[PDB]
Amino acid sequence: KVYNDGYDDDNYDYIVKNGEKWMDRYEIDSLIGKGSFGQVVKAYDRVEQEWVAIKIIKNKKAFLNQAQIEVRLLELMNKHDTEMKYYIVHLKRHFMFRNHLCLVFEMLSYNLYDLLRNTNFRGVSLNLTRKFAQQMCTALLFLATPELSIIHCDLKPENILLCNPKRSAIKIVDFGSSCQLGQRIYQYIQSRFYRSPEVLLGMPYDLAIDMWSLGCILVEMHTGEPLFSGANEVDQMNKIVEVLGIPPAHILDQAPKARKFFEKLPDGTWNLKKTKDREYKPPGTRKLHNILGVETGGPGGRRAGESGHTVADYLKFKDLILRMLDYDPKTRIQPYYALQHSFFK
Ligand SMILES: CCN1CCN(Cc2ccc(Nc3ncc(F)c(-c4cc(F)c5nc(C)n(C(C)C)c5c4)n3)nc2)CC1
């Protein structure tokens, strides 16, 4: 039995062959990534003499349709970013090849997990975190351009790639999960560790959900470890609550899924639910002040007396993160204002 004249496996994926040449132009090197959508391969573009990443979408209508939306968002961004100055990997071109949609990007070689793994998950410096944070806030600034109003919806270390000159810069990839404000209203979205309270609570959401993800990611960049590593949605919300306390009553009163996590008392206040069975630190007592080590030399005490890691520096970082982790999406800090924060001065 053959699929797509022998080009596909039994799962609608193009059968990648190291060394194959596509259209006398792309010399396929190796598989670099894979997922439900298809595959990403490393290839050498002989015409432009440069390494590229090619995202090969499955020969399957559902994934083709998803990726056609992705292409339209990338092309929209290209129309607003002729200088490629916003830390988003640029779509160079797209084409159909043997019944697969192919998106071609400049080739980057590492993600943020790779960088953290090289620190043995001890985290990078506050100085490097500051540079990456400014770059990510600049990307979010661009996405909130009114005509764009793009919600990435899947910010996580795997979708943040490193630029080849090392410690210079990161760039965002994977807009296959993204939508525009008021175009898709899917409810179980974001990667769980980076999932905002509004999404957990089943409430309406906007571009502020990406700023929540970014706050979580920035803490993880500096500490080496995920801030909120929930094994399921209840564990996820409970780990958020350990750090930030019970969400405001005016939010829980409007939340479809409030009762998945909390119970309203006759007093009108909200508490965590309890179970006949896990055990959590009391609400708000796992202080970000101590996660970051503001007064104790940073994470693990490893930054004691290091330039750019003074108590004053840590207090500005802590303040920015808490502004990104505001429970209220209407008052959570927005990209332009984050970029004006004293942490970046
Ligand atoms: C077990 C981990 N293995 C080995 C380590 N490896 C890290 C890694 C990841 C990516 C690259 N290279 C690269 N360069 C430019 C690009 F634009 C994309 C790109 C574009 C897209 F549109 C994507 N859409 C999705 C879903 N992905 C995912 C693959 C992130 C996209 C990636 N990728 N190099 C290394 C991961 C796999």
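Following the PDB entry, chain A residues are numbered 134-410, 413-480, in order. If you check the header, you will see the structure was determined by X-ray crystallography, 1.8 Å. First listed ligand is number 1; within each ligand, the first listed atom is number 1.
The option from golcadomide, naporafenib, abemaciclib, zosuquidar that is found at ligand 1 is abemaciclib. Going by contact count, the macromolecule most engaged with abemaciclib (ligand 1) is what UniProt calls Dual specificity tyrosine-phosphorylation-regulated kinase 1A.
By UniProt annotation, the domain of chain A supplying most contacts to abemaciclib (ligand 1) is Protein kinase.
Among the UniProt active-site residues of chain A, the one closest to abemaciclib (ligand 1) by heavy-atom distance, rounded to 1 Å, is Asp287, 6 Å. Per the entry, the species of origin for chain A is Homo sapiens. Considering each of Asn292, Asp307, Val306, the one bringing a non-hydrogen atom nearest atom 32 (C) of abemaciclib (ligand 1) is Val306. Among protein heavy atoms, the minimum distance from atom 23 (C) of abemaciclib (ligand 1) is reached at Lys188 NZ, 3.9 Å. When the options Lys225, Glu239, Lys304, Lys167 are ranked by their closest heavy atom to atom 15 (C) of abemaciclib (ligand 1), first place goes to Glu239. Below 4.0 Å from some heavy atom of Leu241 lie the following atoms of abemaciclib (ligand 1), by number and element: 11 (C), 12 (N), 13 (C), 14 (N), 15 (C), 34 (N). Distances from atom 18 (C) of abemaciclib (ligand 1) to the heavy atoms of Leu295, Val222, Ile305, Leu294 show the closest one on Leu294. Counting only heavy atoms, abemaciclib (ligand 1) sits under 4.0 Å from the following UniProt ATP-binding residues in chain A: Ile165, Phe170, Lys188, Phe238, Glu239, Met240, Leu241. For atom 29 (C) of abemaciclib (ligand 1), the closest non-hydrogen atom on the protein side is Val173 CG2, 4.0 Å. The set of residues with a heavy atom less than 4.0 Å from abemaciclib (ligand 1) is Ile165, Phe170, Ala186, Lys188, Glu203, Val222, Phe238, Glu239, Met240, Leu241, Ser242, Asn244, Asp247, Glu291, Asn292, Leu294, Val306, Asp307.
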I'd like a table of the close N/O pairs between abemaciclib (ligand 1) and the protein (anything under 3.5 Å), one pair per line with both atom names and the distance.
from, atom 1, to, atom 2, distance (Å)
abemaciclib (ligand 1), 12 (N), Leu241, O, 2.8
abemaciclib (ligand 1), 14 (N), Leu241, N, 3.1
abemaciclib (ligand 1), 24 (N), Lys188, NZ, 2.9
abemaciclib (ligand 1), 34 (N), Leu241, O, 3.3

